[PDB]
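The alphabet sets the chain names here, A first, running in the order the sequence lines are given. Chain A residue numbers are taken from the PDB entry; in order, the displayed residues are 55-750. Residues 55-750, in that order, are what chain B shows, numbered as in the PDB entry. Per the header of the entry, the method used was X-ray crystallography, 3.0 Å. Below, all heavy atoms of this structure are taken into account, side chains as well, without hydrogens, waters or symmetry copies. Counting starts at 1 for both ligands and their atoms, in listed order.
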2 protein chains.
Amino acid sequence: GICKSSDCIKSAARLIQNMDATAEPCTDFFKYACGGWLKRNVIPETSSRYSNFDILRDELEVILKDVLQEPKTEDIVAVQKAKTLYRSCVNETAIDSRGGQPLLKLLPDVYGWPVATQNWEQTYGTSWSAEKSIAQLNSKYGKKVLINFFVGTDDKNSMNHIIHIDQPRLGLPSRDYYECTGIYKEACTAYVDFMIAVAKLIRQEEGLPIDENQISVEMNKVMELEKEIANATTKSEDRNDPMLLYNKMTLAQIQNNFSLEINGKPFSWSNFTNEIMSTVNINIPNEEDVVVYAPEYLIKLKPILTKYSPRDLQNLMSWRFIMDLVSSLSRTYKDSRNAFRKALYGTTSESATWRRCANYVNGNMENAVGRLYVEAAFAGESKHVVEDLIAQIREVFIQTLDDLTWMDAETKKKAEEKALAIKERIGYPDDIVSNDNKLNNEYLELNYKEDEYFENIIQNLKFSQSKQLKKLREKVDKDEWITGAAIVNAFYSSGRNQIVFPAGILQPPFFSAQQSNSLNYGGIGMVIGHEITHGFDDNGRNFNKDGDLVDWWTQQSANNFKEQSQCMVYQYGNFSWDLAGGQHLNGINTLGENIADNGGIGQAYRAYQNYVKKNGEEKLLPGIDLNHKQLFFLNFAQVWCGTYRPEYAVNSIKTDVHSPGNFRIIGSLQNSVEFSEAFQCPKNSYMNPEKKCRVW
Amino acid sequence: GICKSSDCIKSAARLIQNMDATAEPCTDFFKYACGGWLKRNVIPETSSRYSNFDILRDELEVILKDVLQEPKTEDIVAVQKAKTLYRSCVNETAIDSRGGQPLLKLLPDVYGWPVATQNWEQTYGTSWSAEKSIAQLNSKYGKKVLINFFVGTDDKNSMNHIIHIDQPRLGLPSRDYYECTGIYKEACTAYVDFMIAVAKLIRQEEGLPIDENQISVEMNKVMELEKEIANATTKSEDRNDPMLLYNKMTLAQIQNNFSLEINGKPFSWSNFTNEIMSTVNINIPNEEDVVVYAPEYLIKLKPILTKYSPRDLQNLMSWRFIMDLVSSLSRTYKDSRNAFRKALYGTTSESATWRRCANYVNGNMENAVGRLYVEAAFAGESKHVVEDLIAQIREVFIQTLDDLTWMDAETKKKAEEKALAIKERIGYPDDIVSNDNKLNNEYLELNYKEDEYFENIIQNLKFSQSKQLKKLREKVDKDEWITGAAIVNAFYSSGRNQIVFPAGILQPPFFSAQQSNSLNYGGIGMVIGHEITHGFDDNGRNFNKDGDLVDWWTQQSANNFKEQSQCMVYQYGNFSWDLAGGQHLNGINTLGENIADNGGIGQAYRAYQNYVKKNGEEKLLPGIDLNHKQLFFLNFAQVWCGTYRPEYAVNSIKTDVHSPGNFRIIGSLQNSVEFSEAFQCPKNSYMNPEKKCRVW
Ligand SMILES: *[C@@H]1O[C@H](CO)[C@@H](O[C@@H]2O[C@H](CO)[C@@H](O)[C@H](O)[C@H]2NC(C)=O)[C@H](O)[C@H]1NC(C)=O
Ligand SMILES: *[C@@H]1O[C@H](CO)[C@@H](O[C@@H]2O[C@H](CO)[C@@H](O)[C@H](O)[C@H]2NC(C)=O)[C@H](O)[C@H]1NC(C)=O
Ligand SMILES: *[C@@H]1O[C@H](CO)[C@@H](O[C@@H]2O[C@H](CO)[C@@H](O)[C@H](O)[C@H]2NC(C)=O)[C@H](O)[C@H]1NC(C)=O
Ligand SMILES: *[C@@H]1O[C@H](CO)[C@@H](O[C@@H]2O[C@H](CO)[C@@H](O)[C@H](O)[C@H]2NC(C)=O)[C@H](O)[C@H]1NC(C)=O
Ligand SMILES: O=C(O)CNC(=O)[C@@H](CS)Cc1ccccc1
Ligand SMILES: O=C(O)CNC(=O)[C@@H](CS)Cc1ccccc1
Ligand SMILES: *[C@@H]1O[C@H](CO)[C@@H](O)[C@H](O)[C@H]1NC(C)=O
Ligand SMILES: *[C@@H]1O[C@H](CO)[C@@H](O)[C@H](O)[C@H]1NC(C)=O
Ligand SMILES: *[C@@H]1O[C@H](CO)[C@@H](O)[C@H](O)[C@H]1NC(C)=O
Ligand SMILES: [Zn+2]
Ligand SMILES: [Zn+2]
């Protein structure tokens, strides 16, 4: 009665290697399911996080390398451009010869860097303006500085595009880094030294004298100004409510309530917005509807920018433009980021060149890379199986509504309607394989050179912003895929109300026709339930079935959701992470993902129980003394067998909206009654507390 | 009748995942046993060769990391010094903060580097001499330049040490690289560029002017000088006969035959040899017996060294010294080797720091690191079982002498006599665990500092050469192990007539108590046969049972041996390696290893069939539709599932005395009648040619 086939041996052996039978499952199920993984695997020098989830990304990068490094001649122009971009990225010999010339030759286009110019006031200072300066970095290179301008979807009109105004990102991962005290001591030191090291090497290449006394003082003005901008930004905890962030107004209204003064002159919003939208031939009148997401940031931005000169402003705006480009120059400019990269990620060396180029080509040509990947790794028979698995889990969430006691009847009536209206995207769009002409025309305006890699990334920056800004007057494409097929992940779209499962995640240990059903539901089954619950967490619940930001909750049901979810904010907020110096996780930022974990793990187990009583039990796996009910939670846990670097542990707490894999297993199973039933966990154990959170 | 234990499950899955069931075992058994490995495992960026053999080493380095990183309160002095050395090695922050100062401060000790010296003739030219320059690089750092000097075991008196004089190695892997054409074109370009880069970095750190043209002139003379020296060395194919290399002559006879003139003055051999041995306070008279291995090289060296100045010679001798230390300095000096390292190994990055550190401490403190390894990963119950396996294969070799028709009766008895006198070493020396005083006393003179890694490696260089030079008047210690315990390899000593099997290799897939006997005989059993046959190949046969280079072969048997061995010279010479760009294997320089492979697997298989006759058939493995006779050859082949980088396939084809793993499987099994019977291979198939080579 025990399976003995080839696939059952390879499946069971993988589970036996990762787990540790000597540990108790009810004391620490992470160390029970990953005890063997922790002893065997060591964090590579190029990885800030290493887990079975990250290994799958590396194995996918391998397949991308085989289909790109091989000039298969009989390829369409799109695939040729995809490979030519790949070759230009790997030839370090040609890149190391230019030094920093390709970056220094286009600096006059972004009004130059004042620290690296002999006389900047006479050459650029006369025609300088904060409007055209921010616009050039935005419209041409996609670098959002000072004010973040981008054309996105209308939250209350999912069919239209609209201009968004929000606070920008920072040179450091988060605004918490600009405290520069305690755990952020080395980061700020390596960040200012990153400026100085680049400032020294740039002046040396232009034949200008090295005035080291001015560089140490002028670059601290860039840090002093950016700390004030970080202090003026709004915390990410106060930005999780989409209803509170939506502030639509006209451009003339933006000029009235959010005025700015640059160099003693008032800032012109119409001039700034038109300097961006003129690149795509679109005029922005004063009655243009614009959604402002950070109104408090723009208010605090006025008293700060009036205290700095145009030279001090261009030093910060140009530095943000250069710090993301020194890694594409010669080795003399690549290694200047090592100290800065080590402070934020702990990696001693950058990842493999072919690995970076495989991700970059997959990021800028996701339809062509996905074409080669699905033809060389993805099996076509996986479509109908995942389609049926979604329908099973979709129906599970519908039936689970009546079991939930924290919602009234009217809220569940249309909460089911949103779940019924969820559309699905599985595998890859069919037009990237059957229509070579459409794929060729998609990258028609792209022209890559074999020995001009820096001119190809600049062309990709201009092409990305040009494509995005042109959608302002156009409707939202209903057939557009939000991701490529060569991605080991899953997604949910609040504005589209759809769940997307690319081919990169439809593989072991998530899903396989040759692995047990207890592992499929424990793998991809929890994934499907995760993305479906994402339409009902602290962010997606504010969107209706049509992707519009409309309140369909009653006051009693909406208040109970905040009460049910408050349990998880305190649970994950009390988790002390030993890899981050005992610091705790953010129970507010990780809330949306924790709701999808605890909700998805229960729906996957429910859909699996419905499959067992319908199709019968399964034969046990040889070599492991666990029933298929216990194998369900084992496969779920073994997905996140991993460990973090100390530097990235502090980074993921403030930047990653997910919890670490250690606590994604602990927190989700602590609130799972079906987990404690399968392993017969005693009362008040670490994995079976009497107080359990429950939302979906 | 199928094994169902947890160890059998992961053992069978390893066999299933590595093999390719779609391939034909009789068309290409390498593809049949490794086709799955080739798709599953890809060469890392830090590996010139990646195979199942190298993975066992990569896994062992992890165990070394765990037993060396964290200090413990009960550690003995020897363990404390190893961890002190390891901690000094991993601190990349302290290493980068020193730049090249540890090397610049040391360079005067080797008469400096003329190209990187402000005035080499004024500082070192007065007291410079070739006798002292070669001697200091030999006795203090182990850098053998121009003339190779070392104190080793007498070939004909295995109980005595004696001075050896031989041709040195080169900066490139072999003399063939100095053709600098075709597959060697890139190596020479990066070689000279390597010299120029280091010459620029050292002068820049010294604050000296940089002359691009002058450095290029002096470094091309270095290549020009080393081209002649390489052209003067005897080919490796002409150095496999130990009887033809043994030329014992007095020091006065060396001065007469191999006179050298340098800078117009005659070279004093007595001055040179005594400048080395004075470091251990040993005088070398002119009656001293010396073994000269390369008389043709020393003669061809006469007209070469006269045409070069003291600056030209020192520019080459110091460069050989510097090129091996540049990877121990800051990152700037590490990156100067990138183009050179990629040309010879294909690696785009240096391996992980902790991996190099663990391997370095394991190499300089093998008894301390071996102690920490066997106490943490090696089961002592393995030694008795391996002792029993050696006795079976040893008896099989003696019984095989009756089947050999190419030997007369009196030579068979002498072959049996040497086989009976073979000593064995299994696991680890007992002293490293049971005698803490002896282990601490071994490293008494070593004293490491926490933050001076370069000072520690230089101290290890003096101590390493000092320990061997002081053995000149000492008898060869018979109990002294020839390898550390934490080594994944096996060794045979011709002078000791003993076979060694360290604990690192007594592990899966070689040996395991939880492993099928068919796999143990195909794994460690073949290794034991490989080691015993080493004493009877084209080199081992020239030594008697006590390890002395004496002729015990009749003229007919010696002629018949060379005829039987000539078969394998053609068989392996005709193998064309695709990874090497179509180059063929060196059947002469790989003859000994090919003989040991062919003879060994036949002994292990015959020993396995004798075991099955007495103990009975074993249980089949799950998911594998193969019998145990087939699993014998399968486990033997799966040890060598791997691939080479093209840059290193050219390297290993001239340096590695072993054949590639691809052809060790093909070549050995092509000559195995039992293999073609076990898999039912038709005659004249690729794996079953009707003409088969046979020695042992
Ligand atoms: C990678 O880039 C290098 C440098 O641009 C290329 O090497 C050049 O190749 C052209 C081919 O005609 C020669 O004329 C140049 O003299 C070469 N320059 C150097 C410095 O060697 C190289 O060809 C590129 N790699 C590939 C695969 O195209
Ligand atoms: C935004 O304002 C700038 C200047 O404030 C405008 O640039 C001027 O353009 C006119 C002709 O279009 C020139 O005669 C001026 O010399 C320019 N001024 C400077 C300082 O260069 C720019 O045209 C405005 N943007 C839009 C879209 O009208
Ligand atoms: C390698 O060394 C050999 C000698 O050991 C060189 O052969 C000599 O070449 C010169 C002319 O260059 C002749 O006059 C001699 O008669 C040759 N002698 C022998 C024994 O062949 C050979 O040229 C050297 N090759 C290189 C590349 O340096
Ligand atoms: C060292 O030199 C001596 C003398 O030149 C060599 O001995 C001679 O070898 C030849 C054979 O070619 C004989 O004909 C002579 O009678 C020998 N003379 C003496 C005095 O022994 C000796 O072979 C040389 N050794 C090496 C290793 O080349
Ligand atoms: O963003 C990441 O780092 C990984 N992505 C994730 O953790 C989610 C993205 S919502 C997808 C997923 C859900 C459930 C199980 C597996 C995977
Ligand atoms: O040194 C090497 O590269 C590999 N060493 C070997 O191949 C031999 C050392 S001669 C040991 C061995 C024999 C047979 C099988 C496994 C291992
Ligand atoms: C941050 O800004 C607030 C007002 O916006 C101000 O009161 C506070 O002092 C600022 N803090 C820092 C560190 O600049
Ligand atoms: C590494 O060296 C630096 C500088 O010498 C020192 O500050 C640091 O403490 C060292 N690290 C360890 C682990 O000893
Ligand atoms: C070699 O000769 C030099 C000069 O004659 C002398 O100073 C030196 O001591 C000699 N070497 C030895 C080892 O005696
Ligand atoms: Zn998620
Ligand atoms: Zn060998």
- Which drug is recorded at ligand 5? thiorphan
Give, per UniProt, the macromolecule that holds thiorphan (ligand 5) with the most contacts.
Neprilysin
What other chains come closer than 4.0 Å to thiorphan (ligand 5) by at least one heavy atom? A
key: UniProt domain of chain A holding most residues touching thiorphan (ligand 5)   = Peptidase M13
Notebook entry, point to check: Measured between heavy atoms, which UniProt-annotated Zn(2+)-binding residues of chain A are under 4.0 Å from thiorphan (ligand 5)?
Noted result: A/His584, A/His588, A/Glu647
| Neighbouring ligands and ions of thiorphan (ligand 5) (cut-off 4.0 Å) | ligand 10 (zinc ion)
request  = Using a heavy-atom cut-off of 4.0 Å, name the UniProt peptide-binding residues of chain A that are that close to thiorphan (ligand 5).
outcome  = A/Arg103
Write down the UniProt active-site residue of chain A closest to thiorphan (ligand 5) and its shortest heavy-atom distance, rounded to 1 Å.
A/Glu585, 3 Å
Practice task
Identify the binding-site residues of thiorphan (ligand 5) using a heavy-atom cut-off of 4.0 Å.
Solution key: A/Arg103, A/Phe107, A/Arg111, A/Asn543, A/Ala544, A/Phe564, A/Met580, A/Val581, A/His584, A/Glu585, A/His588, A/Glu647, A/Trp694, A/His712, A/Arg718
